[PDB]
K.L.:
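My questions all concern the structure below.
Per chain, numbering begins at 1; letters A, B, ... match sequence-line order. Both counts, for ligands and for their atoms, begin at 1 and track the order of listing. Keep in mind that the numbers below use all heavy atoms, side chains included, and drop hydrogens, waters and symmetry copies.
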Protein chains: 2
Amino acid sequence: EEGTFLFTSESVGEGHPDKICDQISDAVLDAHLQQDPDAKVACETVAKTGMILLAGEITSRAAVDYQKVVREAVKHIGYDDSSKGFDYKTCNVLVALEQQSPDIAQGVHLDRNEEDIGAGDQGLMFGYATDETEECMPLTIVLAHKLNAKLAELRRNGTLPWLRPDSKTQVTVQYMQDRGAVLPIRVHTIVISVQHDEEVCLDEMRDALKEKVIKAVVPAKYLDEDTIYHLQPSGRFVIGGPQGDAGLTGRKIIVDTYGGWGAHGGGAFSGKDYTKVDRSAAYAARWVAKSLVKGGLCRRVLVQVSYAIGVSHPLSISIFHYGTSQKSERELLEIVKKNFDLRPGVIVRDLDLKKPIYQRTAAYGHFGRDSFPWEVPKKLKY
Amino acid sequence: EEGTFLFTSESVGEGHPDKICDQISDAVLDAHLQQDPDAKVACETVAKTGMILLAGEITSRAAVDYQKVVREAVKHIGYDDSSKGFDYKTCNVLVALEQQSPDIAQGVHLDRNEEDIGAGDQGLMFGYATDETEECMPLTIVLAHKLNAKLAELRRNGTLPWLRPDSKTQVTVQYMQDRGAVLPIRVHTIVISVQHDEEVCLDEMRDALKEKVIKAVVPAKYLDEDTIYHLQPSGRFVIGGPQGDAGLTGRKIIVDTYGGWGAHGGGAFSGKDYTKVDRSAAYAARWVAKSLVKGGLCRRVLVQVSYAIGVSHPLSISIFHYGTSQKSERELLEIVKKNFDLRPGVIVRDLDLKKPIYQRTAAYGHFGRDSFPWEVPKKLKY
Ligand SMILES: COc1ccc(-c2c(Nc3ccccn3)[nH]c3c(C4=CCCCC4)c(-c4ccccc4)nn3c2=O)cc1
Ligand SMILES: COc1ccc(-c2c(Nc3ccccn3)[nH]c3c(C4=CCCCC4)c(-c4ccccc4)nn3c2=O)cc1
Ligand SMILES: C[S@@+](CC[C@H](N)C(=O)[O-])C[C@H]1O[C@@H](n2cnc3c(N)ncnc32)[C@H](O)[C@@H]1O
Ligand SMILES: C[S@@+](CC[C@H](N)C(=O)[O-])C[C@H]1O[C@@H](n2cnc3c(N)ncnc32)[C@H](O)[C@@H]1O
Ligand SMILES: [Cl-]
Ligand SMILES: [Cl-]
Ligand SMILES: [Cl-]
Ligand SMILES: [Cl-]
């Protein structure tokens with residue numbers, strides 16, 4: 001119908017090779033933070049057949065056993081046997097980690113008061129919130145994440161023992177306009193691809209994916225006789241994980257955020273401590289956006305911030321409310337400036353960003369879940 | 001003023017470590033395509049001190065000397081001596097490349113007519129165009145790219161011989177609304193950080209960056225006494241390239257596209273042949289968007305497509321014109337469907353995507369430059 005449109009988002013499972021890397025990078029970060037809350041961490045992970053490589057820069061007082069940390073993360077994901085294509089017990093773990101560049105350290109944080117630490121890099125970051133779900137997230141990405149979580153649940157509980165950890169999902173929703181906001185109408189198309197054992201047949205998989213995965217996740221009111229299902233569309237997915245496709249940290253940044261809604265500034269989250277504004281300022285911007293929506297000021301909002309390396313205050317803060325506020329964007333920006341301090345050395349205090357909770361963020365999206373500090377709205381004064 | 005806002009985009013130079021990886025990945029792709037136009041290539045590159053690692057999946061009839069291809073790419077970028085932190089002559093080149101998964105091959109392209117080849121993965125992709133510049137790109141990202149290009153020019157011509165290849169820039173523009181379109185007013189803030197030799201002092205660098213870089217790129221009509229300049233804001237950037245910061249392919253996807261404008265579906269471009277719709281469908285979507293703007297149908301437009309692995313036709317196509325067309329989005333979508341075929345096996349023909357031109361795309365953005373096929377608008381019939 002006129003005024004309607006389709007929009008698609010995707011998500012991936014815990015054993016998707018890029019997500020393996022994000023989780024390992026954040027397991028490394030958490031291990032450092034457990035011993036040194038001020039650790040400077042920039043840990044990239046690369047995964048291919050039989051290999052996890054850590055590359056990057058860490059300056060920390062912690063003593064971290066990288067072999068143990070990496071292998072325990074892979075064990076948790078479920079890659080525990082050569083029959084599955086990857087095994088935490090027997091893979092190669094290679095480490096190419098150096099100290100943080102002293103030139104960066106001197107320009108960012110050396111001899112600086114914590115509240116006045118400089119941004120760890122330049123960059124731009126966005127925060128988004130939408131009233132279309134209680135958790136202020138787009139329905140497309142929420143459903144896509146939940147489909148992957150359901151696969152992992154049914155794998156771990158033994159219901160569908162042919163499942164393996166590598167999966168991808170994609171959800172297309174038909175939306176209608178509503179005064180600048182968007183309203184989901186129906187699910188138009190669902191894709192699910194998941195790695196599987198050599199014995200199970202395609203028809204058994206497709207039936208299970210429809211009846212035990214989709215129907216257990218997606219409300220029936222969104223599904224109808226016209227909904228299109230692409231279930232195991234490649235026909236065979238026995239080879240998977242890093243053996244099927246190289247993984248790298250920071251290659252699922254749209255899955256990690258809003259599924260394509262809002263906007264993205266390009267920076268990856270995993271493997272980075274709070275001085276890297278790619279993560280901390282994106283978390284703070286989500287917190288601002290969600291606070292504006294939960295505060296009743298907007299129904300939908302996009303916030304941009306930006307930084308220069310070594311400079312503590314943002315270079316720019318901007319807000320767009322899609323026509324969903326009675327207040328001008330100028331007024332909302334004044335409210336934001338009166339209620340939030342987006343220096344990284346203040347964000348760290350407000351969002352408790354030295355705490356080792358980051359591995360938990362590294363699958364199923366960083367936003368919309370589990371009442372992390374950036375998901376608890378701030379009560380606004382104005 | 002009310003109705004105005006700030007917006008920031010960034011770009012990076014040819015020697016930025018992530019961009020080094022993109023360029024190497026596409027040098028590898030081009031080397032394969034020179035000998036085997038049908039090569040299946042998924043080449044990731046990782047860079048750290050003294051190391052280029054290639055990881056991924058290639059099935060090809062070509063005989064490629066990876067040592068030579070990698071080292072020649074690094075030579076071109078300018079890393080030719082240990083004094084600069086990296087040297088093509090003496091770095092380590094490690095290769096962890098396997099064949100493409102046979103399970104992918106059978107589901108995507110084996111025994112398929114070329115026009116009916118399946119998408120090489122699921123995913124979503126966007127194309128964007130804006131009439132604010134002749135090349136239909138946002139001014140923020142165009143200026144940011146041009147600042148990095150100017151640095152490389154002045155490095156290569158010996159004017160500023162203290163420059164090294166690793167650089168980043170960022171441009172904040174004040175915009176005003178214009179009937180759904182956006183109109184740039186002035187440059188609010190510029191950041192430039194660039195790697196340099198041990199001898200040159202900060203004041204010499206800052207003066208040169210203002211007088212010989214910014215003033216040679218940014219029209220004076222956009223600069224005024226209030227413009228803020230953050231030039232070498234870290235104070236020291238002698239350590240750079242992969243030694244200062246690990247690089248990975250596909251970690252500059254917003255730099256590669258629209259600088260944060262429009263939208264992004266998450267997929268990286270470099271190192272991938274045309275069957276990977278992350279690249280080919282994003283290129284085709286840019287071509288659609290630019291064709292609509294150059295055709296006079298819109299002033300600003302965002303196109304989304306999406307795919308399932310193994311399926312040739314897009315699962316969804318959607319268009320949003322920001323209120324800048326007299327035609328409804330429904331009508332524009334009908335025009336697009338009548339004029340474009342977004343199957344990957346047709347895109348390859350329309351955009352000549354077996355030709356080895358990809359290394360040229362891998363710095364300074366994939367869009368808005370050099371009349372690549374996706375930048376030449378299609379004449380639309382309706
Ligand atoms: C008066 O009330 C409203 C409420 C919403 C909108 C609106 C909208 N209407 C629409 C109507 C018919 C057909 C297509 N579209 N379409 C979109 C999109 C897109 C949709 C499909 C392609 C891709 C971008 C987006 C968007 C999504 C992600 C990232 C960036 C932008 N926003 N958006 C909107 O706000 C307009 C007016
Ligand atoms: C009637 O004519 C128009 C023309 C343009 C707009 C408009 C707009 N007005 C605006 C006015 C005052 C203050 C802030 N904003 N602000 C934006 C933004 C953003 C701006 C700053 C934060 C981040 C997103 C974006 C956008 C950019 C990148 C990615 C996604 C969305 N689009 N956008 C628009 O279209 C509205 C009406
Ligand atoms: C399709 S692979 C990307 C293309 C691949 N690099 C190549 O060489 O063609 C991308 C992701 O899809 C999933 N995948 C891998 N093998 C697959 C298969 N046989 N069927 C469906 N999806 C698959 C995995 O999640 C993988 O990380
Ligand atoms: C600042 S580094 C990212 C943080 C880094 N990984 C760490 O360990 O803190 C990101 C990019 O900024 C640039 N960069 C590196 N050293 C820098 C310095 N001393 N001053 C300014 N920018 C620098 C390079 O382009 C590099 O790829
Ligand atoms: Cl992927
Ligand atoms: Cl949006
Ligand atoms: Cl970077
Ligand atoms: Cl935009």
K.L.:
How do PDB records name the drug found at ligand 1?
P.N.:
AG-270
K.L.:
Per UniProt, what is the name of the chain that shares the largest number of close contacts with AG-270 (ligand 1)?
P.N.:
S-adenosylmethionine synthase isoform type-2
K.L.:
Taking 4.0 Å as the heavy-atom contact limit, which other chains touch AG-270 (ligand 1)?
P.N.:
A, B
K.L.:
Heavy atom of A:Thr4 under 4.0 Å from AG-270 (ligand 1)?
P.N.:
yes
K.L.:
Listing by number and name, what other ligands and ions are under 4.0 Å from AG-270 (ligand 1)?
P.N.:
ligand 6 (chloride ion)
K.L.:
I'd like to check which AG-270 (ligand 1) atoms, numbered from 1 as shown, lie under 4.0 Å from a non-hydrogen atom of A:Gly260.
P.N.:
28 (C), 29 (C)
K.L.:
Would you say AG-270 (ligand 1) has an N or O under 3.5 Å from any N or O of A:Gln177?
P.N.:
yes
K.L.:
So, looking at chain A, which of its UniProt K(+)-binding residues come within 4.0 Å of AG-270 (ligand 1), heavy atoms only?
P.N.:
none
K.L.:
Hey, which atoms in AG-270 (ligand 1) end up nearer than 4.0 Å to a heavy atom of A:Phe5?
P.N.:
8 (C), 9 (N), 10 (C), 11 (C), 13 (C), 14 (C), 15 (N), 16 (N), 20 (C), 21 (C)
K.L.:
Just need the protein heavy atom nearest to atom 2 (O) of AG-270 (ligand 1), so name the residue and atom and give the distance.
P.N.:
A:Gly180 N, 2.9 Å
K.L.:
Can you find an N or O of A:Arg300 that's nearer than 3.5 Å to an N or O of AG-270 (ligand 1)?
P.N.:
yes
K.L.:
What residue and heavy atom of the protein are closest to atom 27 (C) of AG-270 (ligand 1), and at what distance?
P.N.:
A:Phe7 CE1, 3.5 Å
K.L.:
Which protein heavy atom lies closest to atom 7 (C) of AG-270 (ligand 1), and at what distance to 0.1 Å?
P.N.:
B:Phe320 CE1, 3.6 Å
K.L.:
Under a heavy-atom criterion of less than 4.0 Å, does A:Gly323 contact AG-270 (ligand 1)?
P.N.:
no
K.L.:
Does only the side chain of A:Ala181 get under 4.0 Å from AG-270 (ligand 1), or the backbone, or both, or neither? Count heavy atoms.
P.N.:
backbone
K.L.:
Among all protein heavy atoms, pick out the one at the shortest distance from atom 14 (C) of AG-270 (ligand 1); state its residue, atom name and that distance to 0.1 Å.
P.N.:
B:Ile319 O, 3.0 Å
K.L.:
Under 4.0 Å, heavy atom to atom, what does AG-270 (ligand 1) touch in the other chains?
P.N.:
A:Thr4, A:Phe5, A:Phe7, A:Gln177, A:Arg179, A:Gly180, A:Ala181, A:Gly260, A:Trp261, A:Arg300, B:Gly262, B:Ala263, B:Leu302, B:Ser318, B:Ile319, B:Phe320, B:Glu329
